[PDB]
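In what follows, a structure is listed as structure tokens, so that the remarks can point back to it.
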Amino acid sequence: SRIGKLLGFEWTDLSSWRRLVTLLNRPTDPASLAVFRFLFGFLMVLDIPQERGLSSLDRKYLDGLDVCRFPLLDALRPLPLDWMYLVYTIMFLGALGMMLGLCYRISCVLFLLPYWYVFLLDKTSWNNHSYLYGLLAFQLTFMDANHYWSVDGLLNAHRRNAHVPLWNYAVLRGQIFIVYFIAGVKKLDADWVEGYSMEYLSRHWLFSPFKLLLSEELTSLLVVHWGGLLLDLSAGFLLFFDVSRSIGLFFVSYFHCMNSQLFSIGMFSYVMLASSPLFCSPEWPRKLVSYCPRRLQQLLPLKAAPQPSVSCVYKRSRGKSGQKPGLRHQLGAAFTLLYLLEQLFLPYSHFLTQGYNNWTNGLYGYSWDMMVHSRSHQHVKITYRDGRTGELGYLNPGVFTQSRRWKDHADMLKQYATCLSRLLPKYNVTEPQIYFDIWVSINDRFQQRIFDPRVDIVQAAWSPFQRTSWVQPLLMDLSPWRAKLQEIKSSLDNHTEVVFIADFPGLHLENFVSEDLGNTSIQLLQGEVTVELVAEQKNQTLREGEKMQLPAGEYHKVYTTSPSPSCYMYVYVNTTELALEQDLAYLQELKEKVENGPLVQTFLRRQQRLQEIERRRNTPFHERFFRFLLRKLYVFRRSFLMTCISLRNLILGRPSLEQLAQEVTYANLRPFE
Amino acid sequence: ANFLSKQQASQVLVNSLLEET
Ligand SMILES: CCCCCCCC/C=C/CCCCCCCC(=O)OC[C@H](COP(=O)(O)OCCN)OC(=O)CCCCCCC/C=C/CCCCCCCC
Ligand SMILES: CCCCCCCC/C=C/CCCCCCCC(=O)OC[C@H](COP(=O)(O)OCCN)OC(=O)CCCCCCC/C=C/CCCCCCCC
Ligand SMILES: CCCCCCCC/C=C/CCCCCCCC(=O)OC[C@H](COP(=O)(O)OCCN)OC(=O)CCCCCCC/C=C/CCCCCCCC
Ligand SMILES: CC(C)CCC[C@@H](C)[C@H]1CC[C@H]2[C@@H]3CC=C4C[C@@H](OC(=O)CCC(=O)O)CC[C@]4(C)[C@H]3CC[C@]12C
Ligand SMILES: *[C@@H]1O[C@H](CO)[C@@H](O[C@@H]2O[C@H](CO)[C@@H](O)[C@H](O)[C@H]2NC(C)=O)[C@H](O)[C@H]1NC(C)=O
Ligand SMILES: *[C@@H]1O[C@H](CO)[C@@H](O[C@@H]2O[C@H](CO)[C@@H](O)[C@H](O)[C@H]2NC(C)=O)[C@H](O)[C@H]1NC(C)=O
Ligand SMILES: CC(C)CCC[C@@H](C)[C@H]1CC[C@H]2[C@@H]3CC=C4C[C@@H](O)CC[C@]4(C)[C@H]3CC[C@]12C
Ligand SMILES: COc1ccc(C2C(=O)c3ccccc3C2=O)cc1
Ligand SMILES: *[C@@H]1O[C@H](CO)[C@@H](O)[C@H](O)[C@H]1NC(C)=O
């Protein structure tokens with residue numbers, strides 16, 4: 001029975017439906033599940049005021065405001081501010097009840113419903129760990145995790161130290177394994193394997209142990225990219241088996257501990273660190289509290305064998321043949337199988353919803369592809385044409401928005417164009433036609449246009465199951481240029497800058513060179529373009545290799561005429577900035593020499609910034625910890641006070657503007673600064 | 001305060017991961 005020792009079951013248990021149902025309801029110890037429930041509830045309590053935005057609710061959902069919002073379903077709308085505060089209070093109470101184990105099912109539902117409502121209210125805040133939090137709450141709703149270390153069993157003896165069915169652990173282990181394995185198969189991308197995603201991360205001070213035996217390029221290629229991919233692909237197998245459990249635990253602990261310090265991902269690392277003692281035996285808390293000194297063994301609840309439970313089926317050779325599995329056992333087994341299959345399938349469902357497929361497949365947040373793609377934006381231009389007068393105007397990029405994610409997706413762009421169309425008539429503009437011109441580079445590629453600039457977005461066609469037509473394709477057969485681009489960027493001056501641009505045939509780019517941007521030139525690398533100076537009205541054709549100097553404070557255009565896309569580059573210098581720097585340095589040196597034998601004010605304030613940075617570096621970490629604690633306390637106190645004010649308004653009524661202003665002023669006192 | 005001109009709208013010459021909060 002070697003297989004029966006490695007896997008915990010035998011191949012014959014899967015030969016019939018009844019045997020499978022009997023296996024999946026095997027009694028188990030509930031200690032690990034209770035510890036995980038407690039930790040998850042505590043982390044959600046800590047996370048609600050910080051990342052979910054309880055402290056910025058008044059800014060986000062202010063009454064009487066013109067905002068473009070991006071919900072998944074346009075039929076979903078936010079409530080007034082007071083009802084939003086009530087929703088967040090109910091979510092907080094549910095998380096607290098989940099953590100304490102008191103009224104487990106009601107608290108689970110009270111956390112699950114408003115959390116998912118708030119998640120679906122906004123597409124621009126979706127990430128992978130918020131999706132995981134929703135999934136974990138949904139799973140824990142159907143589990144009986146209040147059978148140990150809880151208030152429910154303290155006040156009710158029928159649910160104290162009882163058994164649990166086996167599929168409770170199976171579902172959670174399967175979820176964790178799915179996350180790990182599908183994160184590593186997503187990182188078998190050519191950008192990740194070749195080292196193009198996280199190229200500057202090895203400059204951190206945490207990687208300095210590895211530089212004692214490797215170069216910086218080798219450290220970036222091996223430790224950051226290949227090491228991360230291998231950990232993701234092997235962590236589940238290392239954790240599942242008992243031979244390699246200890247090494248896997250150490251490796252994943254180090255991985256998550258480093259990730260918690262390199263990035264700002266909320267509570268993701270702590271959630272993952274506390275989901276890894278769930279691959280251990282279900283009795284580990286009991287052994288751990290047994291190994292403690294006997295002095296501290298008389299205050300905890302007395303250790304005893306768990307009592308039988310109804311939810312799990314009992315099969316014994318001597319203790320009766322067994323009972324017929326009722327509806328509960330079959331429903332549990334079916335839920336396990338179907339949920340695991342759906343969670344396997346969903347990350348690879350992008351061929352059905354083609355309307356959400358831009359350069360990158362799908363929306364962001366449910367495919368476990370973290371840090372694989374990085375985006376840089378060069379320019380955004382929005383122009384509207386009046387339908388009554390024909391005049392052309394220009395808007396700021398992102399006037400009525402609160403995020404910047406609308407620049408990367410076509411559904412969000414359609415929503416934004418519609419919201420602008422309905423809002424502009426309030427500003428004495430008849431029915432407009434809106435055109436967008438956005439330049440993006442992904443993973444240090446050439447900059448290019450993501451959408452067609454000649455298409456009126458408000459009247460364009462977009463559907464959830466049809467591939468969008470006004471989305472420009474990514475120029476994939478230009479990536480091998482990145483070596484040359486990096487070499488050209490590296491072999492430059494400390495005062496010059498470069499911009500790399502790839503354009504499609506039949507389109508032109510119009511640029512206005514600023515007054516201070518003297519000594520600007522354009523050089524062609526591939527294809528053929530013609531440059532037109534607007535004032536002098538002189539076309540000029542360029543060939544591969546030559547460069548042309550442009551005037552400052554004037555317009556010019558670049559027309560692409562080759563049958564294939566053509567790439568060129570911009571080189572420019574800030575003559576005003578260099579003159580300012582040189583005169584500042586000269587005057588500072590002269591003054592220093594004279595003494596020892598607003599320009600200066602800017603030099604002195606930059607020096608003061610340097611002094612503050614270096615003195616905070618010299619300051620011990622205790623001051624930083626104190627400041628961090630003070631900021632956290634201020635955030636928590638403000639959230640509580642605003643919630644109290646809103647609840648008082650809802651329950652009693654709005655007293656007066658003067659008292660409301662006084663209370664709002666009180667809530668922003670910065671307790672100890 | 002929601003309108004550019006044409007000398008600040010045409011100046012082309014003047015890093016992002018979605019996991020970060
Ligand atoms: C063979 C079916 C899958 C079982 C896992 C085989 C191990 C080989 C590699 C898998 C790595 C981790 C897989 C995910 C873990 C979740 C399942 C699990 O924990 O099973 C173990 C558990 C015994 O645990 P303990 O007695 O603690 O033994 C611990 C070992 N010292 O055994 C079971 O629960 C048996 C479960 C049977 C399978 C149900 C779970 C997986 C369901 C598959 C999802 C897909 C749905 C339908 C599949 C369609 C095609 C088949
Ligand atoms: C009526 C009660 C009144 C109580 C008042 C008490 C007075 C003292 C006031 C305390 C104020 C501090 C409250 C906030 C808590 C501490 C601060 C905090 O968590 O900060 C977040 C901080 C980092 O945040 P950043 O994102 O850097 O924040 C900056 C945003 N850019 O996160 C943390 O430190 C997380 C802390 C949680 C750790 C707890 C353990 C987590 C899990 C690890 C366990 C490992 C597994 C164990 C095995 C068991 C597995 C089954
Ligand atoms: C359902 C909640 C799921 C929670 C999300 C977490 C991850 C789930 C993965 C799914 C991600 C994306 C798939 C969503 C498909 C449904 C979207 C939808 O129908 O609405 C889109 C669209 C609104 O478009 P916007 O760009 O807001 O408007 C443009 C002008 N302002 O709505 C409409 O066009 C009206 C409805 C269209 C048809 C409705 C669907 C009919 C067929 C149903 C099957 C498809 C969905 C099944 C859901 C599977 C479970 C996830
Ligand atoms: C003398 C006058 C000025 C009274 C002002 C006192 C305030 C500074 C108190 C009143 C309400 C207190 C808050 C009430 C409730 C909480 C919940 C509490 O929630 C937890 O997260 C603790 C449990 C856990 O760790 O999960 C954290 C402290 C905090 C924000 C307290 C911080 C300090 C506050 C704002
Ligand atoms: C305009 O900028 C270019 C680019 O920096 C300058 O060309 C450099 O000239 C120095 C000589 O002083 C050479 O060592 C560099 O190799 C040149 N760089 C390139 C990219 O060719 C040019 O001198 C500047 N002109 C003015 C008038 O400032
Ligand atoms: C400069 O060259 C362009 C061709 O590259 C001439 O024709 C323009 O071409 C663009 C793109 O093909 C069209 O969008 C324009 O409508 C064309 N006409 C004009 C007047 O721009 C362009 O005419 C040339 N400039 C001059 C002064 O002859
Ligand atoms: C009051 C209402 C609007 C709050 C939201 C409740 C409904 C819409 C929520 C509660 C539980 C949620 C489900 C929880 C888990 C999953 C599995 C995931 O793989 C796809 C989404 C899906 C299927 C969710 C869809 C939205 C859902 C059904
Ligand atoms: C910079 O290099 C990395 C950045 C992020 C990660 C992800 C990841 O791949 C993962 C999988 C499961 C749980 C957490 C995580 C991360 O933090 C990995 C490497
Ligand atoms: C650098 O150039 C920009 C325009 O390209 C200009 O606005 C800015 O003032 C210049 N820098 C300094 C220090 O003047």
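Chain letters run A, B, ... following the sequence lines, proteins first, then strands; residues in each count from 1. Quick note: numbers below take in every heavy atom, side chains included, and nothing from hydrogens, waters or symmetry partners. Counting starts at 1 for both ligands and their atoms, following the listed order. Going by what the header records, the deposited coordinates were determined by electron microscopy, 2.8 Å.
Most heavy-atom contacts to ligand 8: the chain UniProt names Vitamin K-dependent gamma-carboxylase. Sitting at ligand 8 is the drug anisindione. Heavy-atom contacts below 4.0 Å between anisindione (ligand 8) and other chains occur for A.
Using a 4.0 Å heavy-atom threshold around anisindione (ligand 8), the UniProt transmembrane segments of chain A, numbered from the N terminus, that qualify are 4. Among residues UniProt marks as active site in chain A, the one closest to anisindione (ligand 8), with its least heavy-atom distance rounded to 1 Å, is A:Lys187, 4 Å.
The residues of other chains having a heavy atom under 4.0 Å from anisindione (ligand 8) are listed as A:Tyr180, A:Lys187, A:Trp192, A:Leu201, A:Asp232, A:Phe255, A:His256, A:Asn259, A:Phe263, A:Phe268, A:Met272, A:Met370, A:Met371.
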